[PDB]
Colleague: 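As an example, take this structure containing oseltamivir carboxylate.
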Protein chains: 4
Amino acid sequence: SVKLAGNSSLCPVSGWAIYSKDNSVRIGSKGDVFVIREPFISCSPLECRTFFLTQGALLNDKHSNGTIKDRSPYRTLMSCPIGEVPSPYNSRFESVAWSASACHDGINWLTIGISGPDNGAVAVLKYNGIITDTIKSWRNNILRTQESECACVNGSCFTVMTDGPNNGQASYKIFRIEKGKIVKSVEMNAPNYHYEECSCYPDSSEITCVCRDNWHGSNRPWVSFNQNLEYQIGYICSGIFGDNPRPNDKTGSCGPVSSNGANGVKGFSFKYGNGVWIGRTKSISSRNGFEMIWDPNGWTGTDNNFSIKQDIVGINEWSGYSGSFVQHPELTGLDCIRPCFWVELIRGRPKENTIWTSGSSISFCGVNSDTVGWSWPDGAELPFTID
Amino acid sequence: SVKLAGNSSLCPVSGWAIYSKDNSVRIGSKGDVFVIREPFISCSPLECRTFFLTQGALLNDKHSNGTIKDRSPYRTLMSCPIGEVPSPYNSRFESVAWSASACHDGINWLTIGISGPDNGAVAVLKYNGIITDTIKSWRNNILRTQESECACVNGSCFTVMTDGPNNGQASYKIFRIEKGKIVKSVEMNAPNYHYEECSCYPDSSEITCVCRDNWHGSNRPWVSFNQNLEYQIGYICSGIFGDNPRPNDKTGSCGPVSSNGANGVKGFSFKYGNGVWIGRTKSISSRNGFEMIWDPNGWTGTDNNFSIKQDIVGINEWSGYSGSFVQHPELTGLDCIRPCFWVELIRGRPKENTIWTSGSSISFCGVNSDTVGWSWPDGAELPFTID
Amino acid sequence: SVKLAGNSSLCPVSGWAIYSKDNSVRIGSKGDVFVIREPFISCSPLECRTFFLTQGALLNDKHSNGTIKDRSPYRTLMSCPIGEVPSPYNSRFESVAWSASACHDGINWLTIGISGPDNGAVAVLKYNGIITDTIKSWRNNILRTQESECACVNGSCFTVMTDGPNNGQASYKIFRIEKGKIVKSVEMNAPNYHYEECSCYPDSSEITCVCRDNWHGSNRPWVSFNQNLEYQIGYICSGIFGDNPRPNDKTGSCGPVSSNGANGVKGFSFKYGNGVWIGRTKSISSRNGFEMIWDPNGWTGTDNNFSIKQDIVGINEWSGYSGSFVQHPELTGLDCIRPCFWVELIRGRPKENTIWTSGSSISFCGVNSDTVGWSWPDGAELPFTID
Amino acid sequence: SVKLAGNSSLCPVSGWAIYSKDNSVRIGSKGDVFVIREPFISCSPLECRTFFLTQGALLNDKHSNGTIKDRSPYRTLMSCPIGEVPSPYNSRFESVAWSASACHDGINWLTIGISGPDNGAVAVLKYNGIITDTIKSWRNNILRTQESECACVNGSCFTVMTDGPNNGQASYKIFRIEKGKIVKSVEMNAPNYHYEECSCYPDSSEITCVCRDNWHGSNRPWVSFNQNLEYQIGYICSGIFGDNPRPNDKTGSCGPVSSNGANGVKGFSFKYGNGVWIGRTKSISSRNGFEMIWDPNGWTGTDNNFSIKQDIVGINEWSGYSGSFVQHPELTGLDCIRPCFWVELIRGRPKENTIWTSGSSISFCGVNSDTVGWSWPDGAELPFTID
Ligand SMILES: *[C@@H]1O[C@H](CO)[C@@H](O[C@@H]2O[C@H](CO)[C@@H](O[C@@H]3O[C@H](CO)[C@@H](O)[C@H](O[C@H]4O[C@H](CO)[C@@H](O)[C@H](O)[C@@H]4O)[C@@H]3O)[C@H](O)[C@H]2NC(C)=O)[C@H](O)[C@H]1NC(C)=O
Ligand SMILES: *[C@@H]1O[C@H](CO)[C@@H](O[C@@H]2O[C@H](CO)[C@@H](O[C@@H]3O[C@H](CO)[C@@H](O)[C@H](O[C@H]4O[C@H](CO)[C@@H](O)[C@H](O)[C@@H]4O)[C@@H]3O)[C@H](O)[C@H]2NC(C)=O)[C@H](O)[C@H]1NC(C)=O
Ligand SMILES: CCC(CC)O[C@@H]1C=C(C(=O)O)C[C@H](N)[C@H]1NC(C)=O
Ligand SMILES: CCC(CC)O[C@@H]1C=C(C(=O)O)C[C@H](N)[C@H]1NC(C)=O
Ligand SMILES: CCC(CC)O[C@@H]1C=C(C(=O)O)C[C@H](N)[C@H]1NC(C)=O
Ligand SMILES: CCC(CC)O[C@@H]1C=C(C(=O)O)C[C@H](N)[C@H]1NC(C)=O
Ligand SMILES: *[C@@H]1O[C@H](CO)[C@@H](O)[C@H](O)[C@H]1NC(C)=O
Ligand SMILES: *[C@@H]1O[C@H](CO)[C@@H](O)[C@H](O)[C@H]1NC(C)=O
Ligand SMILES: *[C@@H]1O[C@H](CO)[C@@H](O)[C@H](O)[C@H]1NC(C)=O
Ligand SMILES: *[C@@H]1O[C@H](CO)[C@@H](O)[C@H](O)[C@H]1NC(C)=O
Ligand SMILES: *[C@@H]1O[C@H](CO)[C@@H](O)[C@H](O)[C@H]1NC(C)=O
Ligand SMILES: *[C@@H]1O[C@H](CO)[C@@H](O)[C@H](O)[C@H]1NC(C)=O
Ligand SMILES: *[C@@H]1O[C@H](CO)[C@@H](O)[C@H](O)[C@H]1NC(C)=O
Ligand SMILES: *[C@@H]1O[C@H](CO)[C@@H](O)[C@H](O)[C@H]1NC(C)=O
Ligand SMILES: [Ca+2]
Ligand SMILES: [Ca+2]
Ligand SMILES: [Ca+2]
Ligand SMILES: [Ca+2]
Ligand SMILES: [Ca+2]
Ligand SMILES: [Ca+2]
Ligand SMILES: [Ca+2]
Ligand SMILES: [Ca+2]
Ligand SMILES: [Ca+2]
């Protein structure tokens, strides 16, 4: 039982091999499956788990009514084994939460679950299931976090939280956590940037996060930092815009791209020097489809050329959030940190005529062997009996 | 594998961080969730479990009919992991019981489950799931116990049991138990006192219990004792009255407060010198709302002044029983015993137009970091299909 | 990990403390609970399990139709933790079977499951879940076994099987089994005796079985034997008759009591020298009620006097099969083998107007501390939705 | 924790003892049971598991509609303990797949799950749940594999895959896999042969596979090979034809038997010198009944004589796929590899008037002790509520 080192580089990847699919919404038509959104995957040295925010209700029951609503006292962070449906009969209780993050340092699970009122929310940090720290809203305006895994390097785990407007300048802080206790934090000095829902991973002892600008950017902002929280900030420069909504691909910017910049979706990308692996929706205007694109100069260069595209979900099918996750060498036995990703397939409101909103999930792992594009969509037939 | 020492003091706490919420009644609208009441939490050195008294029936099924009834041969003590719904598919069987207690000494679980007729009930003690002792009613009038966790100190666990009227003078005994065997007991000499449903915890090698006077007290009675069962008794002196029902706050007493004193609700409080942390309903007349109040002189002083109030459940929402539980240093790695508490959110009869009565639960742990008041209510929409 | 010794004597017991209740039929009204009959309890050095014969169907589903029928290719022997309902979601698969036995030698589980046609049935023996032996019908007329636990002493386990008529002279064999392999067997020379459904236990290195005479006895036959299968046979002499049906209590016999002797119910008794602890129905004519009676001279003496009766299930409530089980000192830490028992509470056909037949269960352990009589019946309201 | 040697011979068997029956379809009428087909069994040194291809849907739910369809993005490989129903509450997620294989090398599980489009499908290999390799379609025409267990010998596991037409000459490759990585492969040079759905087992350090000719053979093709993938090929010569459909028994061939040769069913056989144990349907024209036949010269001789037949499923009852599985000496403690087999009992479309297709399963292990013929059919009553 040993701390993850986090000191090897990301593995080189040519393509993405399908890892899991839970079919949660299809199964929940009959079975006892939680209404969920904001799922994410995180791994220990022994296993991979799906974390998710329940709505304290099951699919196809009357208590799923009104689950478009983001924040309530009923929402809880729970987890289950990867690829299994999230049920009351197979899910571990983690925290009371309407925003969350989680990660394993090699020894125990850290979970961060935020609840409370919009004007004074509190993040509750747990290590091995025991409360180890709290942090309260510092701008009194919806303290919130990643909705994907935190990142760990040599016994320290790292996350980003936001507090303030979702449609204007807000406040962004980076945290270093050891055994569930906050040991350091810093406010990012990012005037004119907007960071929401960061997808962070370790690479060569440093953390890279690719986030959502909900204010005025259709490209994604990034922040990277070392273990002392010395950071750098920027936006992905590629004209292959990564947010949803966005414009058609054209010449990009290393600052926020204003065209179609308001609103957004949680997402991710993996940096390889000047290059980038971008996961994005297929539709420029809606949460539909998903694809992976390799742009060899897209981290720093503004053209809209790219070299590989792999289809994940077809343009006519519902998608949603996505996030990164990694598998450390302590799990895989490889000599590098393996990049992986998950996609939330959102069903229900606002786009479909149901009383509820819920998601299923798919995930993929990066490989250098042969792969293929396809579409692996949610597959449920809506509406349901309850609607 | 080592016995809990129980020799450190209670941790100092400024406020309460949310720890769990099971949403049992919401989920049970569709899922297979036991009808339960009298839930409580207790921890080992490895995990925290919810114990509860089933009615041998599931929510939204005809066998939930008439579950306002307290004692039957169908009620069982069972347990599940904290925060999970109590289902037949995730719950461990403990004992046949219509009143119960349980606690872990560091090595194994002790459960105490009382069943049989009102005029001759028998407590069955189990250690590691094996029957180790029994004790039979000594006044032939509903032998009954805590409905929350027993308290353990250096291999010995301690509980309190009552036998006799619920509306006049009864008989109260303290027990010391080792490996599931009663090794000592004493009858408390408490004329004019009434003790029901004690919430007991360890603090510096001694046990303190805060209980319910169902006869003629709207403040709570207490009993404290050492390992040889040498005890002291009194009532909480604060004019911040702890029971439900109760009068509006005014000058208190350190005997039983007769105004609104008949009837009651199980509750708890934590003593810190002359001060007290009081958990109570918000309503003076019904089991609605919940709040935590820090009164720095409330154990021994009679004024109705207090320094901190933290909201837990809104005044218009259903609450119910509450109890203490602790997390020992052997679980947390701290240097003190961490006080925590649970609240039962009772749904159905007598206050709502259903055929059934059941509860869900919430819990909190004491911290010295930032916290916030809110309302985390049950959230089910009654009546149900079966009603 | 060590073989059970089986060499200490049965513990002296004054009365019976309630150990489990599963409420299976009440829960199965909504939940996913197997239709079962012929349940029984057996323990390892670490835990106690409920074994049972499913009908390959769930309660309140159409496939429960016709489950009065004893033998089919759908019946399977499965097991779950004691006191939990038998569900597809918590039950371990053991064997394909319409008659069964099971026991733990201290190292692994032995299961014996008989299936096949009436004219050529085969017992499949499994040790640690792996097929270790078979034995085929030797009279071609419903090879059948205990429906309760086998008995183990120093690495050998022992059982009894019958083949031939249920209403006349049949053939009875005793088996010694080591690591799932039959190492010895003998045919009992018992002209004019009838043995069905033996309840066997260890006591001081020897096995005692108390069985059902379905031909012409309203008292119970017994067989006892050592590890070399040197046996003795008799009938319980007490005028406190043990079978169902039976006459009113009167002077008994050490041979089969012909009055009301045909038909029967599986049951048990525990021998203490000349004395006996008898479990029986309360009704002389029907499977209703249950009671424990201590008759200090009832093993060898024919009077109808007895000294203790303890009520278990009221005379107006449904009962059914019962059987012995033991808890070895390797489990309990005691210096003797603890006698325990279980009762099957049969619901449905033939006595009630349902399409199905199923049972729930209760169990008790022998103690020398205080106990009480009561009634702990099944408690389901019949008929069900499906009927 | 040690690799399976795989160097002992197959155990001699006189007959087949029933090992498991899951009753999945019966139970799924009410319970939450996956729609599945292509089940198979495989064992580790500690346990036996059922693997299966879900349709991402539950029985008696609308999403079971159209499950006659073989390949979709919703199908997943999952596994549960042998004999238990495949539910979302007891099943481990393995891979996204519409064709699969799995096997344990003594240390960890290998799973192979093929998904993607018909013209470019990709097999994802996982070792201990971690992606270790991929292989992509080489003829762009439904890359596909065994639907039963792979075979392991001294740390290397072996499988066969087909790519190309199901009704004419296709391409067949053998693979050697170590810790989930392909280390060797070879294309079989088998003009005029057709290999689908191979049932492979180890015997004396070499692998033998018995497969389905879907093009023009009513007898079964075989391939056998050593660890360096040096192979031999032929067809089972017995006039006791093994496929379904097939002609009535008559003089056979050791090439493909053209009469009734098109189409087929997955099956198996076990070679013992010149002899063979053949599992087959009872019907020559449809997937009904099942029987085991010992033909002492049937591997290499063409007559239609045989020595032993054991009934498994009656001629009027539904059967389906069948496959081999083995129990190694490391699991059993025997000195030889124990042959066992499973049968899929297919319910629904095309033969029955439902919207869905699913199966249940039975399994048997080879013994030299007494056995018996019977019928252990599926037993569900179709149609269901949803139909
Ligand atoms: C939960 O429990 C409640 C309480 O038992 C139950 O509600 C009751 O349902 C029964 C059956 O519908 C009702 O009983 C009837 O009452 C009427 C008068 O109101 C009588 O006329 C009926 O008696 C006639 O019918 C019987 C059978 O045919 C005859 O035996 C009898 O002699 C009469 O001819 C019968 O007593 C009862 O009124 C209600 N009570 C209330 C308060 O609603 C409820 O249905 C249960 N729910 C579930 C889901 O279990
Ligand atoms: C399982 O799948 C089957 C196959 O899809 C499904 O059975 C089908 O149900 C649908 C809906 O009831 C039927 O479709 C209708 O067919 C009639 C003629 O028979 C048409 O007139 C209907 O079209 C009208 O209505 C539509 C909606 O209002 C309009 O969009 C349309 O333009 C028309 O006005 C409609 O197409 C279909 O006939 C059956 N098919 C069969 C073979 O039974 C079944 O219900 C599914 N079951 C479950 C549980 O999912
Ligand atoms: C409050 C800002 C935040 C990020 C833009 O909105 C999120 C957007 C969401 C969305 O765009 O789907 C759903 C999230 N559950 C919500 N987060 C919270 C904490 O309410
Ligand atoms: C019998 C006295 C006792 C304490 C006042 O009543 C309790 C009150 C209850 C209550 O006030 O809600 C419910 C408890 N289940 C009941 N206890 C038992 C054993 O019946
Ligand atoms: C076949 C004789 C046997 C013992 C008398 O009948 C049993 C009686 C039964 C009974 O009296 O309830 C139910 C048992 N399931 C049945 N056993 C079998 C194997 O069918
Ligand atoms: C595609 C050829 C293949 C072997 C003949 O067809 C199989 C026949 C089937 C069958 O005959 O029942 C069902 C299998 N699920 C299918 N395999 C796939 C991958 O689709
Ligand atoms: C990474 O950390 C490991 C584990 O402590 C260390 O042994 C090794 O030198 C480092 N790897 C590099 C520099 O690639
Ligand atoms: C959904 O909730 C709203 C608000 O309480 C209510 O008015 C409506 O009837 C509900 N609908 C259903 C179908 O449950
Ligand atoms: C990792 O942290 C430990 C603290 O246990 C520290 O002593 C060590 O130097 C760190 N290692 C690296 C490679 O930074
Ligand atoms: C508490 O008990 C521990 C464990 O035995 C002991 O080592 C320690 O001295 C005790 N401390 C006090 C202050 O009693
Ligand atoms: C019982 O067997 C034990 C275990 O081997 C042995 O040590 C002991 O002598 C025996 N007990 C008796 C005779 O009571
Ligand atoms: C019970 O089974 C019989 C025999 O198949 C059948 O005729 C009857 O309709 C069934 N009844 C129900 C209610 O399922
Ligand atoms: C128990 O059986 C063993 C076989 O391992 C034998 O050698 C030993 O003598 C037996 N002990 C008793 C007490 O009979
Ligand atoms: C089989 O392999 C085992 C395990 O390595 C070895 O000890 C044994 O000699 C082998 N036997 C034969 C006959 O190859
Ligand atoms: Ca944006
Ligand atoms: Ca570019
Ligand atoms: Ca009171
Ligand atoms: Ca005060
Ligand atoms: Ca259900
Ligand atoms: Ca009889
Ligand atoms: Ca007598
Ligand atoms: Ca063919
Ligand atoms: Ca032949």
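Chain letters correspond, in order, to the sequence lines: A, then B, then on. Numbering of chain A is taken from the PDB entry, so the residues present carry the numbers 82-468, in order. Heads up, chain B uses the PDB entry numbers, so what you see runs 82-468. Residue numbering for chain C follows the PDB entry; the residues present correspond to positions 82-468, in that order. Chain D is numbered as in the PDB entry; shown residues: 82-468, in order. Hydrogens, waters and symmetry mates play no part in the numbers below; they use all other heavy atoms, side chains included. All ligand and atom numbering here is 1-based and tracks the order in the structure.
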Colleague: Counting duplicates, which parts of the structure are oseltamivir carboxylate?
Modeller: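 It maps to ligands 3, 4, 5 and 6.
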Colleague: So I'm looking at this entry - what's holding onto oseltamivir carboxylate (ligand 5) the most? Name it the way it appears in the PDB entry, please.
Modeller: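 The chain with more contacts than any other is Neuraminidase.
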Colleague: Okay, with a cut-off of 4.0 Å on heavy atoms, which other chains neighbour oseltamivir carboxylate (ligand 5)?
Modeller: C
Colleague: With a 4.0 Å heavy-atom cut-off (strictly under), which part of C:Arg293 contacts oseltamivir carboxylate (ligand 5): side chain, backbone, both or neither?
Modeller: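 The answer is the side chain.
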Colleague: Please identify which atoms of oseltamivir carboxylate (ligand 5) are closer than 4.0 Å to at least one heavy atom of C:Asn295.
Modeller: 5 (C)
Colleague: So which heavy atom in the protein is nearest atom 7 (C) of oseltamivir carboxylate (ligand 5), and how far is it from that ligand atom?
Modeller: C:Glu278 OE2, 3.6 Å
Colleague: Are any of the protein's heavy atoms under 4.0 angstrom from atom 11 (O) of oseltamivir carboxylate (ligand 5), yes or no?
Modeller: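 Under the 4.0 Å cut-off, atom 11 (O) of oseltamivir carboxylate (ligand 5) does have protein heavy-atom neighbours.
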Colleague: Which option, C:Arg152, C:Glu228, C:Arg225, C:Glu425, owns the non-hydrogen atom nearest atom 2 (C) of oseltamivir carboxylate (ligand 5)?
Modeller: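 Comparing heavy atoms across C:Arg152, C:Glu228, C:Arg225, C:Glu425, the nearest one to atom 2 (C) of oseltamivir carboxylate (ligand 5) lies in C:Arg225.
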Colleague: Would you say C:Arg368 has any N or O atom under 3.5 Å from an N or O of oseltamivir carboxylate (ligand 5), going by distance alone?
Modeller: yes
Colleague: I want to know if oseltamivir carboxylate (ligand 5) touches C:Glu277 in the polar sense, i.e. an N/O pair below 3.5 angstrom.
Modeller: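 There is no such contact.
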Colleague: I'd like to know whether oseltamivir carboxylate (ligand 5) has C:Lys347 as a neighbour, heavy-atom separation below 4.0 Å.
Modeller: no
Colleague: How far is atom 9 (C) of oseltamivir carboxylate (ligand 5) from its nearest protein heavy atom, and which residue and atom is that?
Modeller: C:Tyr402 OH, 2.8 Å
Colleague: Among all protein heavy atoms in this structure, tell me which lies nearest to atom 15 (N) of oseltamivir carboxylate (ligand 5), with the distance rounded to 0.1 Å.
Modeller: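 Ranking protein heavy atoms by distance from atom 15 (N) of oseltamivir carboxylate (ligand 5), first comes C:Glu119 OE2, 2.8 Å.
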Colleague: Just wondering, which residues come within 4.0 Å of oseltamivir carboxylate (ligand 5) on a heavy-atom basis?
Modeller: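 By heavy-atom distance, that gives C:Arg118, C:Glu119, C:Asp151, C:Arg152, C:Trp179, C:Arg225, C:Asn247, C:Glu277, C:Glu278, C:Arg293, C:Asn295, C:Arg368, C:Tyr402.
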